[PDB]
*Asks:* 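Pasting in a structure now, in structure tokens, and then I'll have a few things to ask.
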Amino acid sequence: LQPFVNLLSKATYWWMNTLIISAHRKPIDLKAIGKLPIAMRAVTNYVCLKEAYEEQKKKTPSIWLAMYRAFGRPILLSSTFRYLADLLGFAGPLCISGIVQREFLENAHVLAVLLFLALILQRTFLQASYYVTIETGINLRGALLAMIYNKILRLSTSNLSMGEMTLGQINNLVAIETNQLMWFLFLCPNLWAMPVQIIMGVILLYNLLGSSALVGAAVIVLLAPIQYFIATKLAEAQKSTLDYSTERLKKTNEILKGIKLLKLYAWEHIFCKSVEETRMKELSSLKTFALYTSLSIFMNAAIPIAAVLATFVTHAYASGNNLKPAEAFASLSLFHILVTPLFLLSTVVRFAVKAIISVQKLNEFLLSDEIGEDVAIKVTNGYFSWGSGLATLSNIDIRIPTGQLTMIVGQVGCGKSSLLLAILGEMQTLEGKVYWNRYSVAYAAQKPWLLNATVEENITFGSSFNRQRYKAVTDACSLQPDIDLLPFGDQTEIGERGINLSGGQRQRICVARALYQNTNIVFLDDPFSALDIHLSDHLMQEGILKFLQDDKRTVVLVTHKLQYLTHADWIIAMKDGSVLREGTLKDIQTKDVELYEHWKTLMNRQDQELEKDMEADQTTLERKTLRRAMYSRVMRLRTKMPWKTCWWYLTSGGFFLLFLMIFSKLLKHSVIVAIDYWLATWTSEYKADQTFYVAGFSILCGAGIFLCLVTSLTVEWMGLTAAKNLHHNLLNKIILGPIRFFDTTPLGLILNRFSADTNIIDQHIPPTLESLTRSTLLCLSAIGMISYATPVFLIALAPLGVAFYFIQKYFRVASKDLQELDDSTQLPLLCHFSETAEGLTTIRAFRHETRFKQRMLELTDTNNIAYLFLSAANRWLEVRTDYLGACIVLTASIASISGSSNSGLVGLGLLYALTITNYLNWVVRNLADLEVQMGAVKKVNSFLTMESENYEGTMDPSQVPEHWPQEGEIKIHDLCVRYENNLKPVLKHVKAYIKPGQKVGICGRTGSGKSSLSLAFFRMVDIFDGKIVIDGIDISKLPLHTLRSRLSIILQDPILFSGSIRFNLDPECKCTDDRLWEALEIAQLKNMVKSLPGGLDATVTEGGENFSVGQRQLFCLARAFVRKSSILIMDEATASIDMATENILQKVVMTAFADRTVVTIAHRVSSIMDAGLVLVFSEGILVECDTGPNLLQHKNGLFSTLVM
Ligand SMILES: CCOc1cc(CC(=O)N[C@@H](CC(C)C)c2ccccc2N2CCCCC2)ccc1C(=O)O
Ligand SMILES: Nc1ncnc2c1ncn2[C@@H]1O[C@H](COP(=O)(O)OP(=O)(O)OP(=O)(O)O)[C@@H](O)[C@H]1O
Ligand SMILES: Nc1ncnc2c1ncn2[C@@H]1O[C@H](COP(=O)(O)OP(=O)(O)OP(=O)(O)O)[C@@H](O)[C@H]1O
Ligand SMILES: [Mg+2]
Ligand SMILES: [Mg+2]
């Protein structure tokens, strides 16, 4: 009995049962799920698929043949199960005909029991086929991901091969093409099962109804081309909507990062309107998409009705016999059977075409350019090239002594990085040989590569953690001062996803990773490129010379700092892809005196140039940015369906639309039941005159078609209205919020609310709601009609319904976990592939390909097990609801046979009992989908219920003059500034009198509250005591727009917004082009604008990447001059700016802004030694407020110490 119970457990998915039941007790996690079986692990499937692919390559290789030879037998098994289920599905109409007709097989109860058994077997076989094909598709996805990851690990990094689009193509293959191929393998048995089922259904219809059934067969067969055409139009409209949504999301992201500047300039509403224009275009495209969706729904619901109408009218007239209940309702059952394959065969064909495209892309990727197969390293007569045939490195003959520092020196473009990568084997070897006396190399690439992991996980890089070595490595690279600034320290997730670091910090972290590894050979490729003199010298003295010589490492150091050549044991001088001369410094000097003299001249010139420029500190400005970035730093609910969120979404389109949808759907399903009952009455008159019944049937069918159209239009109209209203409210609501909200909430969360939740509301919810309402109404009408035919069925409705409740309860939570789990596993795996595409040279130099292969296999196995268990929960639910439906069919059949009203009613009840089995599962599935989507609607509403700023001022706008800050007086009385309630005040008792047209310089130590004062000028920070009176008007008693739009501010990092230069200068477009040209000339920028095509309407890239940072700062100066505020705030504007551009900025401020009151937070204190009023801040307290010379003459003063 053990094999029998094992087979039953497999067939009913009983092994999921416990995992479902536990979902109420505790959330489902990866620990609750087991591991993948050996036959299901990605490694075994990868080996099978790779063996098949290599067999094909032996013989151009066929991916399709490899997939068939690897994962073909399970497809044949699932096809056998699908054919058995299709055959056992036609027992429905046959048993309906037999029962309605009323030796042994003639018995009606025998036929009812046989129909029950046939339904149970059919559903078991169908779910088995679904599970087998889904498992095979998941195995194929794992194998394909492993194959493409190995191909990635083999990829060549040359610019000819590894282009800028290669990483995007890899991401597309991992995230899209592999999933398209997996879904095609999911749906492939349909491709040869649906045609057979359709042909057999048409044959059964013909056997039932003569040639009259061929008319309905043709009409309903017309549904497949119509659905294919409608799906083509849907794809086109979806691409259009996706383009418009991408533009809208680009604009929204540009607003969100940079919202502080927009609020300071009071340009938030202009950018909101700019986003709303793109939103309106996207909404028009979405309207076309919804129109085609409603067409699809209407056709799916109306072609069957027209086919039934044509069939039965043609039978009433052409056929000489009366319509019989058995034939009529068996044919109705056959039509209902045929609807689904005809509607979904177009989907299967579309997936087949997309799979052909995906296999073409995958096969074109699997055929890509890939890398080829004392003294530690020696190159003899080496001729290397980057794949173009032209040798980049010609006649390379070098020697790298073991355990000695080797420095490669040459001008930019010599081929030093090329020499290192040719030694590592990353480029083609035309001639020569590289001898290693390969081996693992600690490689620090010229472009630093960071994993999306913590600082410690980047530095250790798959190596055992040693605290002494880790501390020594961190000290040598001077990483502790900037690690301490990180929120979590070593455990701070850095990289693309995590905290953004400066180029110098990333370079030092990669150098630390190179130093930490205990490999005898270290390759450093310009490690001082993004560092300053002090950090470079410390790394050279402690890391290269001390730490790397304690371990006796063979160090190869590509550098431009020739001053370090005195520390070199071996020197390799390059020029134009060839070595001029190699050897010790003394040997080079003796043999090649000219090269030594040239090196001396270069060292002297570099020292002379750096002597003046050493004043600027790169590391100080990196650490200040990193420190400023950190200034800001349920069981009952699990099963609670969000009915309030559902009601809010339904009423967000208006009560008329909701009423129209509900009324139209109720009327449509009433009419459908009416046509079924009319057929019942017509057949129960069984040649009489058919005119009355034909006329009534035609009228009912026409009304049903019209109501199908009405409901299809109405649900999509409601969805469009709700989406429009929700997004329109959301954008404006979040923009008006305080700056503290944007400082606290990450940009990722807000952008998710604007992209993913918006897409869910726009395109996912309307179809889910339509399907849920349709399935629920079909089930309710079926139950009502079965109970009307036989009231005793209601007795069995109490148990079965109760069962249904539990079946819908547990599933609705279990899947909710599994889906989430699936998502939590999709993000890492994809990221892994990206981390391997960029950083491939580092991985292959460290020789850590095996570790990354293992990590990829783990990630894909986790993703596959999550997806498999989600699908298994779906199969569990389908089996449960299918057995419920079989019980319903058996009960209805027995009740109808025992107590018969008439033959037509028996047939009608049997048909409805048979049909409810299809929709019971979809009621639960759509309810779960609706709950998931209402989660996103709840997120959007939560963002919509946030608190905004107080944009309405106390003062009467008539009281405020037209030119309010005309003079520029400022009076700060007992100012107490905090960034949020319950936090400590950041400014305490600041009192100052800024004379109109007086140049004020604000200075102090880091964290003293200088930027907080500039924010208090704009009321971007919470003032709770004291006041700021600007030109006689308290700014607290003022609208925020009037205050912020009449004051000019210049921040440190300049930000320009995508659009025209005229748009950047004034989005409001109040000024004239002559004024804009005058401002551009003032900012010493008119010639640059003239050089650009179009002048004032030259396109600015997002962030202003077209212009240099100095040009961006000059643009900010031009905007400030356009504003004509007479009060200009400059928050360390000259920082991160070239010295020449800094002098230009100072000249512009002195000349053009001579009249305006300039309040400058000096980046360099010496710049405000001659300022009229100097405000010195210490720890939030105004220590000194006097003239510059007055503070200078007072010895031992804070300003005097700052100046020195
Ligand atoms: C992850 C794969 O998920 C499945 C995968 C399958 C495999 C399958 O032959 N589908 C047939 C469905 C039946 C009605 C023919 C089909 C055919 C064409 C288009 C879509 C579909 N189906 C696609 C999935 C959702 C239901 C319509 C079954 C069921 C599921 C499921 O979600 O439970
Ligand atoms: N990945 C690559 N694929 C193809 N060609 C490349 C690649 N990297 C560099 N080259 C080319 O090979 C030549 C050698 O330049 P390379 O980058 O090796 O010099 P370098 O001395 O390291 O220069 P730099 O000081 O600018 O870093 C140049 O013509 C360069 O354009
Ligand atoms: N966004 C913020 N949220 C909360 N507190 C903040 C925020 N920004 C700054 N603070 C707090 O206010 C203090 C005042 O520093 P602030 O940035 O205002 O000016 P600062 O002294 O000129 O700074 P820095 O020299 O680093 O640019 C900070 O030390 C910090 O404690
Ligand atoms: Mg280089
Ligand atoms: Mg500051």
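Following the PDB entry, chain A shows residues 216-274, 282-324, 343-613, 665-728, 745-940, 966-1018, 1025-1542, kept in their order. Remember, it's 1-based here, ligands and their atoms both numbered in the order they're listed.
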*Asks:* Mind telling me which of entecavir triphosphate, paliperidone, perifosine, raltegravir, repaglinide is the drug at ligand 1?
*Replies:* repaglinide
*Asks:* Could you peek at this structure and say which chain has the most contacts with repaglinide? A name from UniProt would do.
*Replies:* ATP-binding cassette sub-family C member 9
*Asks:* Identify the organism of origin of chain A according to the PDB entry.
*Replies:* Rattus norvegicus
*Asks:* Listed by chain and number, which residues of other chains have a heavy atom closer than 4.0 Å to any atom of repaglinide?
*Replies:* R304, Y370, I374, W423, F426, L427, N430, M434, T580, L584, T587, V588, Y1205, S1209, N1212, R1213, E1216, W1260, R1263
